[PDB]
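Structure containing calcitriol.
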Amino acid sequence: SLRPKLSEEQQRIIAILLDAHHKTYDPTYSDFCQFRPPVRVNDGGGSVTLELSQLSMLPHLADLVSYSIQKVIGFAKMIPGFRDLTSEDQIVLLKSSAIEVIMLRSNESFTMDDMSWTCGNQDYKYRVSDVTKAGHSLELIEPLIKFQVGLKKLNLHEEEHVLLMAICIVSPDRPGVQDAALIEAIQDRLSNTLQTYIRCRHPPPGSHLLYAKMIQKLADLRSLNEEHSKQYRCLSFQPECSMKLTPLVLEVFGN
Ligand SMILES: C=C1/C(=C\C=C2/CCC[C@]3(C)[C@@H]([C@H](C)CCCC(C)(C)O)CC[C@@H]23)C[C@@H](O)C[C@@H]1O
């Protein structure tokens, strides 16, 4: 059961990704008061008609997602090797992974205390009912919550969390990529860093089959991505939806 030590290069990769995350994820959520304000209409019955008529939480959650895409673009640019890719492949990778990295990075605000993403006072505590007030349905939200709990229970080290986000972004099997072999080389360098880290720095029993569990979460994210895309397309049919979104969100998710 060999445990090769992390190379100097692998240690540098981990330090770079930790720094990149610390520069692009504010764990105080202090910018969120700058977004359009959250509004919660009375919708205890979960009425799709009402939810679509009002889309009360959409401006705020679209601003949150847009902000988060900006942060993910910045994080990606600091992944070792990402800037070796052509501009065209960088943009394909960013647009295809954005929602997945948002789901991953949001695990840091997710809490099993009450199954919410807690980003401050009540105003910035996001629950499943807030996501339905932004026009989404249970076929996305239920698996998303299940995903957040499963990821929580892996008890990832921050090193592993940031490696997982980087591996998600640098995926050679995204539609439209040109230099799949270069993307795969970059991804393999990150994957080998992660496997090596787990084996020499993650104590048992949480280390047991941990790499395989993390790779499974990447597959789960693909399913969530596809369901989000389907639901976004239907949300976009609502008259005046575009004004509730942002230009960046429209580009990343638009048809
Ligand atoms: C974003 C981040 C956070 C929460 C993410 C959540 C909670 C609200 C609902 C979200 C945003 C899900 C929604 C299904 C996304 C719908 C987007 C849209 C309306 C455009 O189709 C995905 C992840 C969710 C907060 C913080 O962790 C930063 C992070 O970065």
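In order, the residues displayed for chain A correspond to 119-164, 216-424 in the PDB entry numbering, which applies throughout. Per deposition record, X-ray crystallography, 1.5 Å. Excluded from the calculations below are hydrogen atoms, water molecules and symmetry mates; all remaining heavy atoms, backbone and side chain alike, are included. For ligands, and for the atoms within them, numbers begin at 1 and follow the listed sequence.
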Which macromolecule is the chief neighbour of calcitriol by contact count, per UniProt?
Vitamin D3 receptor
Within 4.0 Å (heavy atoms only), which residues surround calcitriol?
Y143, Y147, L227, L233, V234, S237, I271, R274, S275, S278, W286, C288, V300, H305, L309, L313, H397, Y401, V418
Counting only nitrogen or oxygen atoms and a 3.5 angstrom limit, does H397 reach calcitriol?
yes
Name the UniProt calcitriol-binding residues of chain A with a heavy atom closer than 4.0 Å to calcitriol.
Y143, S237, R274, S278, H305, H397
Need the calcitriol atom indices (1-based, order shown) with element for anything under 4.0 Å from a heavy-atom of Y143.
26 (C), 27 (O), 28 (C)
Give the numbers and elements of all calcitriol atoms closer than 4.0 Å to a heavy atom of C288.
25 (C)
If you measure every N/O of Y401 against every N/O of calcitriol, is any gap under 3.5 Å?
no
For atom 16 (C) of calcitriol, the protein heavy atom that lies nearest, with its residue and separation:
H305 NE2, 3.6 Å
Nearest-contact summary for atom 20 (C) of calcitriol - protein heavy atom, Å
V418 CG1, 3.9 Å
Kindly indicate whether atom 10 (C) of calcitriol is approached by any protein heavy atom to under 4.0 angstrom.
no
Considering heavy atoms of the protein only, find what lies nearest to atom 15 (C) of calcitriol and give residue, atom and distance to 0.1 Å.
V234 CG2, 4.1 Å
What protein heavy atom sits nearest atom 19 (C) of calcitriol, and how far away is it?
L227 CD1, 3.5 Å
Under 4.0 Å from a heavy atom of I271: give me the atoms of calcitriol that qualify, with their elements.
1 (C)
Specify the UniProt domain of chain A contributing the most residues to the contact with calcitriol.
NR LBD
Pull out every atom of calcitriol sitting under 4.0 Å from any heavy atom of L309, numbered as shown with elements.
14 (C)
What protein heavy atom is closest to atom 12 (C) of calcitriol, reported as residue, atom name and distance in Å?
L313 CD2, 4.0 Å
Does the entry name an organism for chain A, and if so, which one?
Homo sapiens
Numbered atoms of calcitriol (with element) below 4.0 Å of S278, judged on heavy atoms
25 (C), 26 (C), 27 (O)
Looking at atom 29 (C) of calcitriol, what's its closest protein heavy atom, distance included?
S237 OG, 3.8 Å
Test of proximity, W286 against calcitriol: N or O pairs below 3.5 Å
no
Can you report which non-hydrogen protein atom sits closest to atom 13 (C) of calcitriol, along with the distance?
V300 CG1, 4.4 Å
Which residue and non-hydrogen atom of the protein lie closest to atom 3 (C) of calcitriol, and at what distance in Å?
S275 CB, 3.8 Å
